[PDB]
Amino acid sequence: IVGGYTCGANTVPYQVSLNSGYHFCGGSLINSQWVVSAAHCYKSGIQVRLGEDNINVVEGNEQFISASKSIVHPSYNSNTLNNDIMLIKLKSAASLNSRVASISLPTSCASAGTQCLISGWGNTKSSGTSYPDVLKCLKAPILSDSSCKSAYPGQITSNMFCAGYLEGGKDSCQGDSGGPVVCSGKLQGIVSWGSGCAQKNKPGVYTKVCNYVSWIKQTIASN
Ligand SMILES: CN/C(=N/C#N)NCCSCc1nc[nH]c1C
Ligand SMILES: [Ca+2]
Ligand SMILES: [Cl-]
């Protein structure tokens with residue numbers, strides 16, 4: 001997260017770190033046994049880390065649970081990033097509490113202007129590189145479809161929305177991938193892609209989760 005603030009330990013209790021020897025992607029807990037992330041975060045050997053603030057220090061609220069099953073969206077295209085969504089089933093149910101909690105799926109799609117909370121352990125600099133160890137937060141509005149398409153001509157599908165600031169300075173970045181965009185207690189987005197981070201007229205591009213709710217519920221019900 002560039003131009004954000006320190007969330008505060010366990011204030012984003014649905015935020016997960018995906019770990020393969022190191023944090024490499026975020027995710028969102030949507031029930032005791034399932035995480036939503038980006039398809040582009042897919043790899044084997046995933047350990048899901050919940051109750052995390054400092055990902056380099058055991059602080060006392062962590063649950064470390066291995067993935068049993070990953071499911072990349074059937075229609076994921078790694079070239080266009082269309083349908084950038086993946087489900088991870090945990091080997092055991094997470095123990096749910098104030099610091100480890102599922103986030104609600106949307107019943108309706110969110111609209112441009114809706115303020116959202118974007119979070120992750122990604123890079124904090126526009127130019128150069130510094131990884132925070134504690135979770136960073138950004139309040140960002142959803143941008144209009146027309147702005148998003150003007151910013152990235154030829155690239156924005158019906159499964160994508162822009163959120164952030166066309167003036168730049170405030171964005172998601174490298175390592176925030178797969179992480180949540182929450183708007184009024186609902187998971188409306190997944191950190192998917194962008195052009196650099198926090199550049200003028202190059203806002204963050206998010207997976208539009210409301211399009212995927214029936215696939216998510218169907219998949220959970222049979223897996
Ligand atoms: C992560 N999504 C973003 N939000 C915004 N801006 N940032 C876009 C670039 S981040 C770095 C990168 N680019 C390709 N692969 C990787 C890991
Ligand atoms: Ca920790
Ligand atoms: Cl529009």
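In what follows, residues are counted from 1 in the order of the sequence shown. We count ligands from 1, going down the list as the structure has it; atoms in each ligand are counted the same way. Hydrogens, waters and symmetry mates play no part in the numbers below; they use all other heavy atoms, side chains included.
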Choose one of nomifensine, cidofovir, cimetidine, minoxidil, mizoribine for the molecule at ligand 1.
cimetidine
Which partner chain accounts for the most atom contacts with cimetidine (ligand 1), named as in UniProt?
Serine protease 1
Can you find an N/O atom of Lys202 closer than 3.5 Å to an N/O atom of cimetidine (ligand 1)?
no
Protein non-hydrogen atoms only, distance under 4.0 Å: does atom 2 (N) of cimetidine (ligand 1) have such a neighbour?
yes
Specify which UniProt Ca(2+)-site residues in chain A come within 4.0 Å of cimetidine (ligand 1), measured from their heavy atoms.
none
Do me a favour and list the nearest non-hydrogen protein atom to atom 7 (N) of cimetidine (ligand 1) with residue, atom name and distance?
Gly196 O, 3.5 Å
Kindly state if atom 11 (C) of cimetidine (ligand 1) has a protein heavy atom within a strict 4.0 Å cut-off, that is, under 4.0 Å?
yes
Using heavy atoms only, pick out the UniProt active-site residue of chain A nearest to cimetidine (ligand 1) and give the distance to 1 Å.
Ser177, 4 Å
Please determine if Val191 has a nitrogen or oxygen closer than 3.5 Å to a nitrogen or oxygen of cimetidine (ligand 1).
no
Could you list the atoms of cimetidine (ligand 1) found under 4.0 angstrom from a heavy atom of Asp171?
4 (N), 5 (C), 6 (N)
Please name the UniProt domain of chain A that makes most of the contacts with cimetidine (ligand 1).
Peptidase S1
What atoms of cimetidine (ligand 1) come within less than 4.0 Å of a heavy atom belonging to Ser177?
1 (C)
Out of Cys197, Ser172, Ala198, who gets a non-hydrogen atom closest to atom 4 (N) of cimetidine (ligand 1)?
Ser172
Around atom 16 (C) of cimetidine (ligand 1), find the nearest protein heavy atom and jot down its residue, atom name and distance.
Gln174 CG, 4.4 Å
Hey, is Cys173 touching cimetidine (ligand 1) through its side chain, its backbone, both or neither, going by heavy atoms under 4.0 Å?
backbone
Name the UniProt substrate-binding residues of chain A with any heavy atom within 4.0 Å of cimetidine (ligand 1).
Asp171, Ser172, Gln174, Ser177
Non-hydrogen contacts within 4.0 Å of cimetidine (ligand 1):
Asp171, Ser172, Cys173, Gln174, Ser177, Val191, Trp193, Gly194, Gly196, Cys197, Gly204
